[PDB]
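Proto-oncogene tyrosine-protein kinase Src, liganded with bosutinib.
Nothing fancy with the numbering, it's 1 onward along the sequence. Read the numbers this way: they start at 1 and go in the same order the structure lists the ligands and their atoms.
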Amino acid sequence: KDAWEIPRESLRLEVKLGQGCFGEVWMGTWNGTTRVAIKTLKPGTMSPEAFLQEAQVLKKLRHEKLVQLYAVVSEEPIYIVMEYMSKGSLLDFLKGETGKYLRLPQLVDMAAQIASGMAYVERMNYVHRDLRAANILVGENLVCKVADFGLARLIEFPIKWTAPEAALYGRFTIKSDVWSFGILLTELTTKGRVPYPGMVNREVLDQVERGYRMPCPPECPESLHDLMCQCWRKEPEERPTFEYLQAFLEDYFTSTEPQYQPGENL
Ligand SMILES: COc1cc(Nc2c(C#N)cnc3cc(OCCCN4CCN(C)CC4)c(OC)cc23)c(Cl)cc1Cl
């Protein structure tokens with residue numbers, strides 16, 4: 001046991017937020033004062049330090065644009081205790097009521113924050129393995145954080161967000177996260193629309209290997225789709241860094257699209 005462990009008696013499992021093939025997610029209260037969120041094991045569901053190795057990644061990672069670990073439980077019943085994100089998933093946020101008021105400036109800045117989280121990941125020498133809008137939590141003031149490193153690792157599988165070399169040959173790198181970041185960029189600019197519309201997994205895998213790439217989403221600037229294309233380069237090592245992507249997006253509206261005017265959607 002380590003210093004990340006707490007008494008479970010500390011924990012008010014209150015409202016329910018979701019389920020899965022893993023367990024649940026709950027709003028709750030920690031030591032009576034603190035709002036938290038808990039990813040649960042409903043008793044047996046799966047392996048101990050499989051559920052509890054997303055902790056071992058999340059313990060050593062610690063950035064403002066990453067969802068924060070608060071504590072863990074193995075005094076079974078079992079829990080992963082984390083920082084509570086008020087507006088839920090970026091996917092739900094984009095599809096929901098506020099989604100449609102979202103404009104490029106907002107969307108680019110969300111992209112930015114995420115780039116920022118991932119750039120930290122990048123210099124910590126970790127890989128996320130599952131980057132996509134569904135694993136981005138939104139809080140107040142349009143804040144976005146990376147969450148659910150649930151497969152993550154030191155650099156020692158829903159394929160539409162997955163880089164070819166990673167889906168096919170299991171080559172997961174920060175460079176394959178980048179690939180996913182570019183796909184994540186199509187989600188933001190379409191307001192949550194599933195990538196590769198009308199295509200099934202195997203068809204996506206076959207067309208992407210022949211070099212098919214998603215075209216510029218409607219009302220999305222060419223400069224922003226260029227960036228997605230860079231993120232989707234065949235050779236992993238030619239994809240840009242999260243550091244370049246972070247700085248590119250923060251500076252976007254001055255350095256890159258300094259003449260942008262809003263349309264009916266973006
Ligand atoms: C702890 O373990 C993990 C937990 C999570 N999941 C969450 C964490 C975290 N972290 C924090 N806070 C969350 C808040 C949620 O909903 C709150 C508000 C929802 N509404 C949207 C619609 N409007 C109009 C009302 C508000 C939520 O919904 C499912 C999931 C959350 C992930 Cl993604 C990964 C890991 Cl590893």
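Residue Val67 has at least one heavy-atom neighbour below 4.0 Å for each of these atoms of bosutinib: 9 (C), 10 (N).
Closest to atom 26 (C) of bosutinib among all protein heavy atoms lies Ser86 O, 3.7 Å. The PDB records the source of chain A as Homo sapiens.
Per UniProt, the domain of chain A home to most contacts with bosutinib is Protein kinase. Remark: minimum distance from atom 12 (N) of bosutinib to any protein heavy atom is reached at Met85 N, 2.8 Å. Within the 4.0 angstrom cut-off, atom 18 (C) of bosutinib has one or more protein heavy-atom neighbours. Every atom of bosutinib is numbered from 1 in the order shown, and the set under 4.0 Å from a heavy atom of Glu54 is 36 (Cl). Listed by number with element, the atoms of bosutinib under 4.0 Å from a non-hydrogen atom of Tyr84 are 11 (C), 12 (N), 14 (C), 17 (C), 18 (C).
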List, pair by pair, the atoms of bosutinib and of the protein that are both N or O and lie under 3.5 Å apart, giving the separation rounded to 0.1 Å.
unit_1: bosutinib; atom_1: 12 (N); unit_2: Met85; atom_2: N; d: 2.8

